Amino acid sequence: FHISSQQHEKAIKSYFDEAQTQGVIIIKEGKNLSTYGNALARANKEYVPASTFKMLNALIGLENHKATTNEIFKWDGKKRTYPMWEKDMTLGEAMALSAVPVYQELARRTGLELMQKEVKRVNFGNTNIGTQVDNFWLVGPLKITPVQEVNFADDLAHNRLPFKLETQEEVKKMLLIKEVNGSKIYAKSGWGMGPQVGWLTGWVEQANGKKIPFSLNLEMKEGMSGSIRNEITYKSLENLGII
Ligand SMILES: *C(=O)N1C[C@H](NOS(=O)(=O)O)CC[C@H]1C(N)=O
């Protein structure tokens, strides 16, 4: 509808302003990155990946045969932080529910060494996982920037990461979170509770098959629900005509 750039920029900054946080949303068309939001300098700062790490955690586990996509991870019967986690699930269900115990299990099956080696080989963030195989993505030392996250999403959306095509297709089928008038949104959220960072990193796949990667990165505040990350992302992507 021939909207100015100034006006797209202003509408998107105001989504972040109206949520009373600081954040950025990076979009990639082709090789070109565009940063929007109310705190542009966040784009190249380092944050914990938190649960966005599940995406690489799954790739690595599936590649190295530590799980299959059919395999049921049994709830062991301990009280878990949310009721939705007190059930048996597949890697894919666990991705939708962001179920830490399943992903911690998978990380322990991979083991620190194969994990350190594979995070180096795919060159994710600062690539340092420290000595603790089951929490490194939440409290350090692993860190990543919003630009590295959209680049990561871009790689995965186009099967360019160093993993078999089928492993990549298996993890991607797990990430479908929304369908809007012929578009599909694939993404993983993240919330570094261990200032708390919030992510939503992914791509939109358009009707015509074109794929536009994005990473939202913002500060999660006291009593904000996780779903603002989705609301701000849907509003930004629509404003830009991407969905
Ligand atoms: C991931 O960053 N986490 C796992 C779980 N679900 O997260 S989501 O809403 O960000 O998708 C709870 C919180 C968080 C964590 N503390 O590990």
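Shown for chain A, in order and in the PDB entry numbering: 31-224, 227-275. Counting starts at 1 for both ligands and their atoms, following the listed order.
- Per PDB records, the drug at ligand 1 is named avibactam (bound form).
- Per the PDB entry, the macromolecule making the most contacts with avibactam (bound form) here is Beta-lactamase.
- Avibactam (bound form) places these atoms under 4.0 Å from at least one heavy atom of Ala80: 2 (O).
- For the pair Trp115 and avibactam (bound form), the shortest N or O to N or O distance does not fall below 3.5 Å.
- Proximity to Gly220 (heavy-atom distance under 4.0 Å) selects the following atoms of avibactam (bound form): 2 (O), 10 (O).
- At the top of the distance list for atom 13 (C) of avibactam (bound form), counting protein heavy atoms only, stands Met223 SD, 3.7 Å.
- Considering each of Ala217, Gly224, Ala129, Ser128, the one bringing a non-hydrogen atom nearest atom 7 (O) of avibactam (bound form) is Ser128.
- At a 4.0 Å heavy-atom cut-off, avibactam (bound form) touches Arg261 through the side chain alone.
- Applying the 4.0 Å criterion to heavy atoms of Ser81 picks out, from avibactam (bound form), the atoms 1 (C), 2 (O), 3 (N), 4 (C), 5 (C), 6 (N), 7 (O), 14 (C).
- Remark: minimum distance from atom 17 (O) of avibactam (bound form) to any protein heavy atom is reached at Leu168 CD2, 3.3 Å.
- Of the protein's non-hydrogen atoms, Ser219 OG, 2.5 Å is the one closest to atom 11 (O) of avibactam (bound form).
- Between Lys84 and avibactam (bound form), not a single N/O pair is under 3.5 Å apart.
- In summary, the atoms of avibactam (bound form) found under 4.0 Å from a heavy atom of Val130, numbered by their order in the structure, are 4 (C).
- The nearest protein atom to atom 14 (C) of avibactam (bound form), hydrogens excluded, is given as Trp221 O, 3.2 Å; this is a heavy-atom distance.
- Covalent bond for avibactam (bound form) in this entry: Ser81 OG.
- Contacts between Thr82 and avibactam (bound form), counted as non-hydrogen atom pairs separated by less than 4.0 Å, are absent for every part of the residue.
- Listed by number with element, the atoms of avibactam (bound form) under 4.0 Å from a non-hydrogen atom of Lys218 are 11 (O).
- For avibactam (bound form), the heavy-atom contacts closer than 4.0 Å come from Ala80, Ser81, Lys84, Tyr112, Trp115, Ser128, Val130, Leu168, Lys218, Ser219, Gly220, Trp221, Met223, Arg261.
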